[PDB]
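Nimodipine:Ion transport protein complex.
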4 protein chains.
Amino acid sequence: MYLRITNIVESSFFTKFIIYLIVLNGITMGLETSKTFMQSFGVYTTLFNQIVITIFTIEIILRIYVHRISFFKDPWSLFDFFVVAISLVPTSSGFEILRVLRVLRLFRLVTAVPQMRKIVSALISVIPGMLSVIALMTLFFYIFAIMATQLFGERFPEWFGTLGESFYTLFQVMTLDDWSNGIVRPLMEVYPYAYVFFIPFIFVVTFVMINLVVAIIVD
Amino acid sequence: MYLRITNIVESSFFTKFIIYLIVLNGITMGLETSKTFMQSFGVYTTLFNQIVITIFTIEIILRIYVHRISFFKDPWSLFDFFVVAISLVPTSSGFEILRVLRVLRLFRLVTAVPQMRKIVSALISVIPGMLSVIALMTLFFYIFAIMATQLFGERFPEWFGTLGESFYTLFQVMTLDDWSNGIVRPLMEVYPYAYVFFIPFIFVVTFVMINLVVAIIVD
Amino acid sequence: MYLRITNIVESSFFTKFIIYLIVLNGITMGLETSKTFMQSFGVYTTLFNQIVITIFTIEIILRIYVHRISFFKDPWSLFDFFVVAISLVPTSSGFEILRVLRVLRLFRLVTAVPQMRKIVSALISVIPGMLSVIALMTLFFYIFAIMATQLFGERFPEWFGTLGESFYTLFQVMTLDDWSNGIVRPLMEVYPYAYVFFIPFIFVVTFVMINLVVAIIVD
Amino acid sequence: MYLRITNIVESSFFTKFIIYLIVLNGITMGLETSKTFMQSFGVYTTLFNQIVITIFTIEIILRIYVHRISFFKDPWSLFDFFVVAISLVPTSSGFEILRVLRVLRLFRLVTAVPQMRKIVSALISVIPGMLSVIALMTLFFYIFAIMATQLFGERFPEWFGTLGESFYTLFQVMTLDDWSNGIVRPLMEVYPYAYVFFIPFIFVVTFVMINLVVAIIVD
Ligand SMILES: COCCOC(=O)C1=C(C)NC(C)=C(C(=O)OC(C)C)[C@H]1c1cccc([N+](=O)[O-])c1
Ligand SMILES: [Ca+2]
Ligand SMILES: [Ca+2]
């Protein structure tokens, strides 16, 4: 029984089938975007969705019987679990958002194709080295976001009225997004010396990123 | 017949004649852009076109006889075939997009010069190693265009009205084009939490891009 | 039992005491941004800031006693003195900019945690190898800013009327921020050839920046 | 007189002296940017400019005698020659673009200082390596520019009415500057399929750009 189940879930037919179902669901979720299609052929999909969600639900249960505690030492499987989880909460209730969170289950195609799994892992493996530059930068943002609120948040509350608001504008500036005509020239019309805050800020923020890239390559 | 024609195609005069013609057709094509020129000389160059494409048609036929089945195993020759045949489609009124695709024949400069082919081939060469990331990106992109159409498409039809639209808008944001004042600040006036979609989205698309380039460097 | 004090300053508890203070003071200045907070607890929060500022002043005196002249060849300590000093001038009749400057002491978190210290040390270390190119470029901007003031400052004073203005603007075009529809297309309405100035400038400035990054990594 | 003169121009006193004239003129030329200064100090420095041009002219004449055939095979001196020639153009002639071009002479500071020379020399050495790509890139822009004018020029003449405009605009899209909301989206109000030109256009130009840099690094 234990061996009989185990032999099913690991077969090359179970995985091709589920993957096939993933590929199919993802095609329907695209289709669900057309309100035309919804009108003429969407009660079909509402049930198709619940059919696919169960087969996947079974898959998760089976894999937990087979792998037992080692299922939950698999970051990919926890992900699989958690992704199917949020897809279990009802259409109604909570908030409209959980309904939209359901689309995250297409990320199972990543979980289930070894080629996707390898790219993702390789990418993740870049992260641990960065946790030093990241923390410093987050602090850097925090201090400046504070200076930006007090300086500019009274006359420019949309941009700087709040720490959070100061954080959003500074990120925007960081991505260098319409930073001059859109933010600093207006600021400079009240506060002519605002360029002393943002030009240095940009240097730092551009230096750190470049140097972040050097160290990635070398490491 | 065989050896006489075969002797003309491989000649240094042949390829030189063709190449020189490409440069001429290219100077000439810049001229068909000014309708000042077109009212005073257009008949001269509309047929200069016509005789160039005749020569190219002939040359293509000859190279096929000389190279037989090995012609269509040659990517550059394959290219010339398609790049010439297109320019053979009638200017006649039924479908006038094809008229503009004719300028692509200037890409034969690439085909016929060995220093450029090196570059192109070199460029394409980095692609097969990237295909996995292309897929991953597109799967990421696809999930998010879905999320965007259902989240923002109601109140902001232009930007998220349609899966295709959200794809478009999302492409812009990765490129970092007028993304904040131009898209999410408006989004945030109706939906204050849009930054929880687009700010992670920005970290991700950027993370992958950088790592892709590093992947390019190392590979 | 001569120095007596020296044994306390060098201890694990002293340092951990300052870091715990900064992070509290760092958390405090955040909450000082909430306008609601400054009503409910504004008086409470002023007492905490003043204690810490005293403690820190004490902490600086002790470190001077111990290190003597070796304190003032430590950039990190030099930074600590002037940053603590800043937060101490009277709010009275001065410049009210100094009230905002006192957030700079949150950069002491960097100064007192060697990991951050090493990051800041690593970053600075890319600067001396770069100083040459910084000098060429600064020389490049300075020369073109002059050119831009003379060429476009009559009819476009907001952007180029003054040398600093030509600098700020020129810097913006360099960051490529909103430069065609935002700067050059306007200019070009009065002065049709302005692309011969700005387009080359962009090539140059981007080429250098790109080769600068390249030259650092390879070497 | 020649051999006697040659002993003069190679001395360390000489180089630093002409360098000192550059830096002084470089300072004064900054000053010529101010309306105020020019009002109450203009003739002192209008005079001082003519002196320097003469000295540089004499300096150029001397070095010719010293170097003979070699002078006109020195890249740094050819620059030196012509940028002095510009300043030798008379204060008039109806093309005051040249009056502005005077400040091109401050670049002699680059030719006269070997570390500057070294950076410039280092930078240029990158270029012959890229001549294949620039030709390729310029060929690519040339082709798509043609397509633009015939595709979008009649309804959008400012942006695409003509080759240069298409060139300009295309150059603009390649710096990714306001490309979407500013150019492609408007186009789409009238030409719904414009994303098929510009999005491929962007991918390719980045690809070539990115890959170019990677080639430089490894080599
Ligand atoms: C004619 O009188 C004004 C001259 O002032 C300047 O040349 C500046 C120098 C000296 N230092 C910098 C760093 C500046 C500068 O412009 O730097 C930018 C690159 C950040 C400018 C400046 C000085 C005051 C105000 C502005 N402004 O509002 O554009 C610009
Ligand atoms: Ca912009
Ligand atoms: Ca932009």
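Letters A, B, ... label the chains, following the sequence lines from first to last. The numbers used for chain A are those of the PDB entry, and the residues that appear cover 1001-1219, in sequence. All chain B residue numbers match the PDB entry; in order, they span 1001-1219. The residues of chain C that appear here are 1001-1219 by the PDB entry count, in order. We're sticking with the PDB entry numbering for chain D, so the shown stretch reads 1001-1219, in order. Read the numbers this way: they start at 1 and go in the same order the structure lists the ligands and their atoms. When reading the values below, keep in mind they use all heavy atoms of this one structure, side chains included, and skip hydrogens, waters and symmetry mates.
Copies included, the model assigns nimodipine to ligand 1. Other chains contributing a heavy atom less than 4.0 Å from an atom of nimodipine (ligand 1): A, C. Among the ligands and ions shown, none besides nimodipine (ligand 1) lies under 4.0 Å from that drug. The residues lying within 4.0 Å of nimodipine (ligand 1), counted on heavy atoms, are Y1195(A), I1199(A), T1162(C), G1164(C), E1165(C), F1167(C), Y1168(C).
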